[PDB]
K.L.:
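Okay, here's the structure I mentioned, the one with propofol.
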Protein chains: 4
Amino acid sequence: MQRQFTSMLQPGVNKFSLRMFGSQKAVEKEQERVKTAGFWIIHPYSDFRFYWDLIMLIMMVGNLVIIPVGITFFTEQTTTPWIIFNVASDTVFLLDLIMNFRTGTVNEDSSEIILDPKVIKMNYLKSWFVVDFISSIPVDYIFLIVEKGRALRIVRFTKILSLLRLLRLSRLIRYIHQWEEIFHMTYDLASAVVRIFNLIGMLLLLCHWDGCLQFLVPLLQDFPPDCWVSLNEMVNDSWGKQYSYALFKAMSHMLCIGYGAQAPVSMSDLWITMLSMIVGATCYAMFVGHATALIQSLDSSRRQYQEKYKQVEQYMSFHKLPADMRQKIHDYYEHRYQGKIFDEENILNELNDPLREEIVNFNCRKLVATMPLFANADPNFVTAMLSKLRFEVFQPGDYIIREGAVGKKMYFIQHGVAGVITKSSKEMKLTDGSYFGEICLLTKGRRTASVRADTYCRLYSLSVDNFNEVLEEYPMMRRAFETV
Amino acid sequence: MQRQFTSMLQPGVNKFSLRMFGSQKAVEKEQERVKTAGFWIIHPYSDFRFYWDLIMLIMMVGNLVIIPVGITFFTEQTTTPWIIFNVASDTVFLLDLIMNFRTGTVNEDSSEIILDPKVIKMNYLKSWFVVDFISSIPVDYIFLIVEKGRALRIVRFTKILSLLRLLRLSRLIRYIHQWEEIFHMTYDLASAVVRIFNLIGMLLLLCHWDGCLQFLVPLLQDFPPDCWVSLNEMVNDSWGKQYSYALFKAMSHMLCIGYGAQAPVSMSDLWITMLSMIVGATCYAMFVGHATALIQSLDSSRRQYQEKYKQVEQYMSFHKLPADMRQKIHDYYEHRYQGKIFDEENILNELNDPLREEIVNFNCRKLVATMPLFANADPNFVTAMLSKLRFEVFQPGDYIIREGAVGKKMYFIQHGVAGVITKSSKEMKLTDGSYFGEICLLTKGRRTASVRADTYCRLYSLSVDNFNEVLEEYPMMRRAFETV
Amino acid sequence: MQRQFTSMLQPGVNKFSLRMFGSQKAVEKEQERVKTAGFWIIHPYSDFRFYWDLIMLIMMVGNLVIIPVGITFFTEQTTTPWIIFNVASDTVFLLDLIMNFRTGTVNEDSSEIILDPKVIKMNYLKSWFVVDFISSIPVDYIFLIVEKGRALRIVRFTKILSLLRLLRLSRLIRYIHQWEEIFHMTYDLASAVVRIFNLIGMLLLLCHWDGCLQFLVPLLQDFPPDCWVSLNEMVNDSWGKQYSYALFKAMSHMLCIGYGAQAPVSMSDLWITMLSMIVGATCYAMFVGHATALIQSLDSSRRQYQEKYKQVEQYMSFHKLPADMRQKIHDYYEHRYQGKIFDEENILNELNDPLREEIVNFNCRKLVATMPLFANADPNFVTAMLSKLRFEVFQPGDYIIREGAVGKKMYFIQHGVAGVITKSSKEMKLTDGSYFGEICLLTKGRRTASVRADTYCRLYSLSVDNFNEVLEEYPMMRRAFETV
Amino acid sequence: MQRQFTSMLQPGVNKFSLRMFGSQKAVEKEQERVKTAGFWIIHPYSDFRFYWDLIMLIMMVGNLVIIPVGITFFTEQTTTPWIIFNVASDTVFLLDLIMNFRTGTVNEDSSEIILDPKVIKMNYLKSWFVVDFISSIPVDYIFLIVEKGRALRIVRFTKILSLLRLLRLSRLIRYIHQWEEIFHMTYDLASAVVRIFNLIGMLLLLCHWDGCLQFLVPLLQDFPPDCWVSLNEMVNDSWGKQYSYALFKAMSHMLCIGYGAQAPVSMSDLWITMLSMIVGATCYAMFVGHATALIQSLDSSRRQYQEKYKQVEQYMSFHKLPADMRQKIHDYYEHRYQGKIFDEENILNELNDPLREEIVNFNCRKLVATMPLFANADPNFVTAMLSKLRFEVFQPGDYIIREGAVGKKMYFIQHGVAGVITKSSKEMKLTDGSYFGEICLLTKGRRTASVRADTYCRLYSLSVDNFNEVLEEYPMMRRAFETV
Ligand SMILES: CC(C)c1cccc(C(C)C)c1O
Ligand SMILES: CC(C)c1cccc(C(C)C)c1O
Ligand SMILES: CC(C)c1cccc(C(C)C)c1O
Ligand SMILES: CC(C)c1cccc(C(C)C)c1O
């Protein structure tokens, strides 16, 4: 029905279009846009364009493998099975040429998709149409028909024309790039992994085509007596032995492992071998470049923690700190960050208000809810107070607060054992989940006791400056703080 | 005419000189400077120096290819066509040597271009003059004339002198570097692409010269019976077969693919082969280094977004957040940044006032102009207010504001559907282009209703602290805000 | 005893578990957790799992070397020593398969270790159980027994089944990764060094297995007359010559150095050679990628200082500063940073209060304790004051303070000689450990004398704004400052 | 004299010691320290240790080349010239072993150089003494003397002992590293260039030693009939042909180019060839890693500007800005930064007060000195005011200030033409060196005219907030500002 026919050719409401246009009402504006651009236009982000390009990619990967083998290793392509393959492929590649006059273009400025038929047509003619045309039509068969109005020169010149089909590769590169840009904003892709697998496919294809070229240049010269096919005495072999040898010869040149059975002798074999070496050595260097970029993407977190740490070593070196002070700093960094590099202030600033209060409640509510000052309070005050907590780590034997020093912060133990000490009492231990320093909120001057970390304390602190800032916004709580 | 003759030798008012000197009046000071430095001086940034160096680069690329072939593969260069090529080239390379006593130098400190003839002369003598001189004059022809006041020793010793012309390569490297520094501040060049194409040109040239060297060392020894030219029986071949073989042999050594037809036998072939291997393996490692640097420049935006994200995963890992909270944070980052890394505060701080207000009007005027508070206002207040808007994203089911909580911000929907809810009414939906929270500007205390995101809201917020700051500068608006 | 039997299978209080769970009381909760999860469960972080996996890694590294040699180069494995090795190994690899139904899993979200037997079982079946099962059981021996209810086809088909044991490699990769994640949060490992040594082990193993494959494919074809083993006439050699040749042939293909004695002739040797070339060239590119990442980790501090410096050169270039001003800036950066890159404000903000006061006392107490203003003060004021000192460097001939200019800072000499000058006196020199500018704290307006650096002064400064801020917190000191 | 003898062995006052210890009085403390540590001690940073290590590096580079050639390619070393070379070298390497009991050690924590003879002795025994001892003494000659109390077994076993001298390489690596750490804090070295040249030296040496090993293993087996020396029929050749071949064979294996004349045949040649391939392929991958790191250090400024720019493109893409707005932003970035990346606020914060005022006077004094408000003022006010100027760039057609808008900044033209426009007058142009907006300092409310950039203005601005801040510190100027 025409409802499904026009539904297929407009950008459907899905994961990708919602993220590209911003809302279902933005998608439904772009739909209305194409539904009024002209008759039977195709949006680049349509399901029809997806499924067509998926058929094209399966056609192209098949033709670019089979075509140079069929031209090189078989005596003629005028038999029925080869006529059927080449006519069936060429009509599909000609439908694709026609649909490119119907399909809108994504703009480099992300502006409103080009959908006027006169601009979609005019931009294709100024770009890919000539390369897409001469690789779509059966140029070898129309030339052969024009010749019907010696045979072994025509049967050889048509092989060179028959390879104009290899320019389909330009559509393969273009249509792969367009669907990778779409799957990137859909499926959470590592860019270096995607670029590695595209290059491996291209390298295997170049090796395959060089393999055909190694035999094709001898074939077009009628296998002269100084070429590798004559020297290895394999002109009369089956197509599968000839192909396997030619592929082995190409792969040997391109990996720079050797020449095949012997070094070249004829001028054609010299220059085809040197071409293969230069192309293969260039392609291997690009592969090593991609492998290096993939490997650097894979331990970036560890690299970055080591760069951070090595700047801490530079600081201690510049100040000439003693070896036991350096070990104490190193030991603090390992307990405080646990090998992880992140910047908490940047990460929390990038979030929204719902995500920040959800993270803060997960970290801190199980600590602060147990304290009698907060067990009485309204949740919208508690969430505001928990956002002022600062995480601190202390090593064994550190004084967290000293008796007689001025109080400025309270502390809540997440982990580790502390101990409070005074001349008037025993050394009372405090453990994971407890709190201390609380009196500093509601006083001035001296702390009454010393608190010292017995194990590695992990703890949250609240300062008087922040506790007062969070009570300027809650006057109904300040009266209870002065009365409990 | 002398108007065009002196116009050619001074820095013309163009794209490059305007950006280098800062203004047309700065260019016209430098012009007056050269027009009074001495007779017929050449500014380094002149059109004459550009067109001369363009002639030199075409001469050098031609001579450095043709000269070692002519010396190596032809019996003598005393015939008329070779005398014409070598005399015509040497006079052009001698005019270039003379013009370098007339051409000012760019200083490493970017100070006023060196234009005193005594400093331009004295700096050239302390640097490149000796290498430029011995590669400019026909040292082989003056030596041959001095010999006219056995032949097969002189015809061989002159070949070694004739290769002093290869030091022209130093001018090719120098003049390429000078025009790349100029085209960089003209044409928006990726540095790694430029350095890749310079290296490919150098590698092809080194392979070509090694190809000549493979045959030249046998030739100067009169093709001894243990060398590759005698072993392969090609001493009597045409120059094109000998060159092709010698190039194939050099390229085989330098790509480390093999030796040619067989491993070396003579001491000359051993040491020339080992030299070729060391040079070629070094050059291939430098090529792989450049390919790696090019490939890292090409997906830098994706690499940087992945490094940023992997630090967000480290934060969630350190805090041991639940898997559904991690999925909610991951899902927020994908909607909030759409795979793009940038720092908006740094980018807006680097711009000028015209560009910031032009960007802010594009983003926000279509939202805020629809609101009755601002539809009455003067544009110079609206632009000041739009600069205080902050972009925020909310996920489905997030409460943007809760009933009874204290109001501090207003919101404008760019995209997505929100819904306002209360016991006194139905769930009124709000869509792309609407606004809510407006009462918070002109009150204190509780919000009257709950607003919850139904889809992913993309929205702009304005806080009361910023709305008050933007009204301290506009007292004529504060009276209308208290009265409308 | 059952105390040690259950003690072995629960996460022991040690360096790693203390850092993973956070405290001894957190470890003792996880212990109680496993001690009540079911009968005889194994925690992934146990000493039993460590020692078992250490036995497995020694078994796997031995079997994956010995098995493909025994299958390839020995006539049959039905003799007693091979039956003993294969049965003894297979029972150990079957105990390991059983213990994986008893061992808890580390979750990707770091949530509470999976310890319910029904989830530990169900997750193993959905993952590695099928690969671990078919590589644990003696599939070749049960098939051979099933055949007892022509011999040279069965003795060859069982060799292919006997290589199902190579899938043990999946356990080797898995168990190596699990213990590297544990040793990373234990022993301060450079990530690129660890990944280099894992890859070298894998490359040697792949070369060893390709070496067996080079001979195995001929062997299964009964050494046809066109294969390398027949061509090199070594079918009857000892196992050690055959292995050495086959390894040399594999290593030649994989390093792309050559084919062995000659290029391939048969279709099996062609395709096995091409497989070996593609695998080896891929593996070498991954090795070059890891070597590059290791080398970038090793001079990161130097790279980063050079990037920092090159941006200082860009600043001076943009402003077109004179060459002597650039030399003065370069000379300042070398004395001020001594080739070291660090950000002191970030490093001090990441520390705790004990570490900051410990570093500040090491740097500054030996200077400020000698001054009469501070020799009278309480240590808890001195430590607060020392934290406000700012490090400054001056070059020879710089005026640190000028007579008649307004005073705002005091200075303490760490290193270098300064000199104070006036019309009323001689040029009094001041040396390492002295102080000057002191009057500015207790006055207003003009400095009474000029101080100029004679050598490179390294000195600490205290500003009046900070000295006043550190006295708002100490009113008992402000009275002495007004009276001494 | 003893004054020069003790002067040589203590750290001299020079470029390096001044930067390492901080001041001449710090050097003179370390001198006094060594002058009282014990009899005849050597400081690691002495001139004597420099000149001794320079003699050692020339000895080591010579012995490590000559020794394996002399052992491998000459019939015996019992003749007088070889006895003289080996005895003269071994006594020098034994003096070096003795001086290491007299030389202090640099500590990894940069603490006071280890100078107690009992710690200098005890630390050497726990480290390098055993390797330095067995490579210092003539182990082959004392063994030969012990044998005097069949000859062709002893003459061969002594060759293996004679190669214990190759462990001198450990001193070469150690002493190179120590002098590179010293020259780094002396001479402004690119780290990747230094590491490249160390690796090239090591690669050439490994190739040279593998070249000796290729012939030595045949020699110790008495040239068996299946080895390359017998197969190539060169057992009776001169030492220079044998060396050249052996080097070519090693270099062929290590660059993976081929085997030499043919593939290996004997078990010794197989395993020595495979060892050479693995070592050479590893070393080439490390070389490619260093080349890649060097190449990334060389265009770091360009890479970093491109990464910065590509984040500006991501911002414009995220906001979907129009193509002409993107071109206007791109055009602004090119005029505002001129392809240069630097952070001016970080660079100025790292400088001292003398360098900041020296840079500010170079940029801005030639502008602001021409204005009548400042031509009357004291220089110590002008320098304070110039530090508040902010650099701004405007494009053609931008309004810098609009008539009737509120004034907040004044402007000084560095470059470009502006024009002031009003209904009451002609369009007055203003050029490089002029100023405008001046009235805003001494008023409130509306600007009287519009100023629009006609070309690209580069200009400095001063805001009223900063002009008032710079007058709070200068009350004697505020009266003139209210009266002129
Ligand atoms: C062109 C072809 C022979 C090729 C070159 C470079 C690298 C590879 C793979 C092995 C990664 C490859 O297949
Ligand atoms: C010197 C010459 C043979 C050469 C060496 C390295 C790399 C290349 C190209 C193929 C990139 C090259 O042509
Ligand atoms: C597969 C095998 C032959 C191999 C390939 C790549 C690199 C190496 C080592 C020398 C690093 C290696 O042993
Ligand atoms: C060991 C030796 C043959 C070697 C290996 C790797 C690289 C080089 C140079 C050419 C950089 C080299 O000389």
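In what follows, every chain begins at residue 1, and chains take the letters A, B, ... in the order their sequences are listed. What you see below is based on every heavy atom in this structure, not just the backbone, and it leaves out hydrogens, waters and symmetry mates. Counting starts at 1 for both ligands and their atoms, in listed order.
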K.L.:
Which chain is the largest contributor of contacts with propofol (ligand 4) here, and what is it called in the PDB entry?
P.N.:
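It sits in most contact with Potassium/sodium hyperpolarization-activated cyclic nucleotide-gated channel 1.
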K.L.:
Note the other chains with a heavy atom under 4.0 Å from propofol (ligand 4), by letter.
P.N.:
B, D
K.L.:
For propofol (ligand 4), which atoms sit closer than 4.0 Å to a heavy atom of B:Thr282?
P.N.:
10 (C), 11 (C)
K.L.:
Could you check whether any heavy atom of D:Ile200 sits closer than 4.0 Å to an atom of propofol (ligand 4), since that is the contact criterion I want to use?
P.N.:
no
K.L.:
Check the UniProt transmembrane segments of chain D, counted from the N terminus, and report those with a heavy atom under 4.0 Å from propofol (ligand 4).
P.N.:
5, 6
K.L.:
If you have a sec, work out which protein heavy atom is nearest atom 3 (C) of propofol (ligand 4) and how many Å separate them, to one decimal?
P.N.:
D:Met254 CB, 3.5 Å
K.L.:
In terms of residue, atom name and distance, what is the protein heavy atom nearest to atom 12 (C) of propofol (ligand 4)?
P.N.:
D:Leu203 CB, 3.9 Å
K.L.:
Considering heavy atoms of the protein only, find what lies nearest to atom 6 (C) of propofol (ligand 4) and give residue, atom and distance to 0.1 Å.
P.N.:
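Checked against all protein heavy atoms, atom 6 (C) of propofol (ligand 4) sits closest to D:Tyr284 CD1, 3.5 Å.
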